[PDB]
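Notes for the one structure printed next.
Here is how names work: the chains are called A, B, and so on, in the same order as the sequence lines, proteins then strands, and each is numbered from 1.
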Amino acid sequence: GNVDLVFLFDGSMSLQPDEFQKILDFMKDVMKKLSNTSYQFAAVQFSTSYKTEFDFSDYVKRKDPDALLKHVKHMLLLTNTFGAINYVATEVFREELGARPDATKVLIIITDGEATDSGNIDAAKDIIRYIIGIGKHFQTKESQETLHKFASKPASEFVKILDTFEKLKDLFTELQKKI
Amino acid sequence: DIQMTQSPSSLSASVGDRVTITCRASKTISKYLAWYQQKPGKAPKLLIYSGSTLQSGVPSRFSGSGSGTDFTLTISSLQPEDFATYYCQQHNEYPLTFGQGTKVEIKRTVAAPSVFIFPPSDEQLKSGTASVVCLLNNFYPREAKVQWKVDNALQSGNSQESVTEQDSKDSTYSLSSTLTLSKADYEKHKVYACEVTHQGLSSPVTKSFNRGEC
Amino acid sequence: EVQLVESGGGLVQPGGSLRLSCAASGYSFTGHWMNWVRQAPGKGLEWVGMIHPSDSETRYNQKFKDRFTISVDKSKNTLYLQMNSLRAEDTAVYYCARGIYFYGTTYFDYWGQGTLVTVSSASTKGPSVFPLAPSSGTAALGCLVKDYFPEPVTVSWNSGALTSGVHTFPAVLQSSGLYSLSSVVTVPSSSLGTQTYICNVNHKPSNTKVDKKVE
Ligand SMILES: [Zn+2]
């Protein structure tokens, strides 16, 4: 029935203030389309550190995509993707923050470059992960394949690399044509 | 609280020269300082944010740098279009505070003003006020004297001048001086001469007309 | 195309009020912070405050929190600024500018053209346009926009089809208390008599649209 969804977006330095913006708007179009439903989101920004931009109970309470992501600030740092996925799995999906135990845990990752650290995401084994590689650093194949590890198998379904950030509007419209 | 001081409060530089404006802050503000370019009559245009980063669209010739308390806008290879007042503002704490700016003017070669003289329109005569308007077009520097003479009389206290901002392309100024009288004191005299003394002008140039002929 | 158009300014009596407007076009209004920045004739810039379309969270400069109130209309994508008990110093141009809240605090990247607010107990007055006819190989002819308050006056020639050699001088304050300025243009000495030259004198405050054909 209900699914708890988390937005783990990249706020690295290779993001331009305009590219970052498209990432916040994509998450805003995702919540508008999926509001008026069982779904209930949270958002966490990662680079060197890990900050939860708004948790599950904040959503249920506010509900307006826009008003929730207003005090968001670009970190301009590294892209410690592993530490992010773990932070989300043991610090964000919690019932003190307002996660529903009966919901199926989903995570959408949005990065524009290869991870900056090491380790493993075995803690988020039971968290369906969708990773999305954006552009210009995910061009060769050696890089695109590095995102396979963060996502769920088959990676064929869970990993999505885009040519440009302007292609995020496109991915939106591909989820408006799905089941 | 946060006082931003800019230096200098104005300057002139030849096209191509490397300009540098400094904006010092009250208390450190990390690398957060932005720079704006206000063309006369238009709205400030962002240039540089977070100390040194260029906004997308700003020509490379604009450069920022500095941290803590002393920052500097560096226009390398000034242009004729780069004429405006350059503002600086910090974005590290509220309230947001700005600088006082620095008018950056384009120094060029001397320029001779073209004098012209306009006889009050009769439509204004049927009002009861006559205003003779003298024009000086496309000249430089900006300093230039204008002397009103009604039949060899130096008209003091009853004149006003309007100097235009520099041209965005050509770099020269223009001025407009007017003389306000009574349709009584106007039609009381015939000779109306406008005297213009400019650096560019080898010798004081006068233009004038006769009342009732123009 | 991000566009920030402004309106609502003019002449207001001291101890009076006035509500400015900022109609934005070209981006998702509820996704960015919006600010109000004013500018005293020939002086520095001053920050008034910011509001967020999505829910109206507001943050003011304290100097303006007592009289200035900011609000919005998500429906029309219009930003407003409520000003009360205005005084002589509050005369300035008020711009509204979109802003980036990502780094540090806020820096503005898209400004509006500006709106001139004049606070005085004088009365609005319509300007009068007197032709500055051409000489009796380059000649010039102008339009003199006399006595009008408050400011400003916009002037273009031949519907804006003639821009080269056009100089519209700054408004000069005369002892009467009204403003006056001229607007001249330099044309070939040959086109005269055959080419028609008309300026367009628009005084917004006193809603006076005068078209004046020279000669
Ligand atoms: Zn990156």
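- Picking from efalizumab, onartuzumab, magacizumab, garadacimab, panitumumab, the molecule at chains B and C is efalizumab.
- Lab note: most contacts to efalizumab come from the chain UniProt lists as Integrin alpha-L.
- In this structure, chain A contacts efalizumab chiefly via UniProt domain vwfa.
- Source organism (PDB entry) for chain A: Homo sapiens.
- Per-chain counting of heavy-atom pairs under 4.5 Å with chain A gives the top spot among the chains of efalizumab to chain C.
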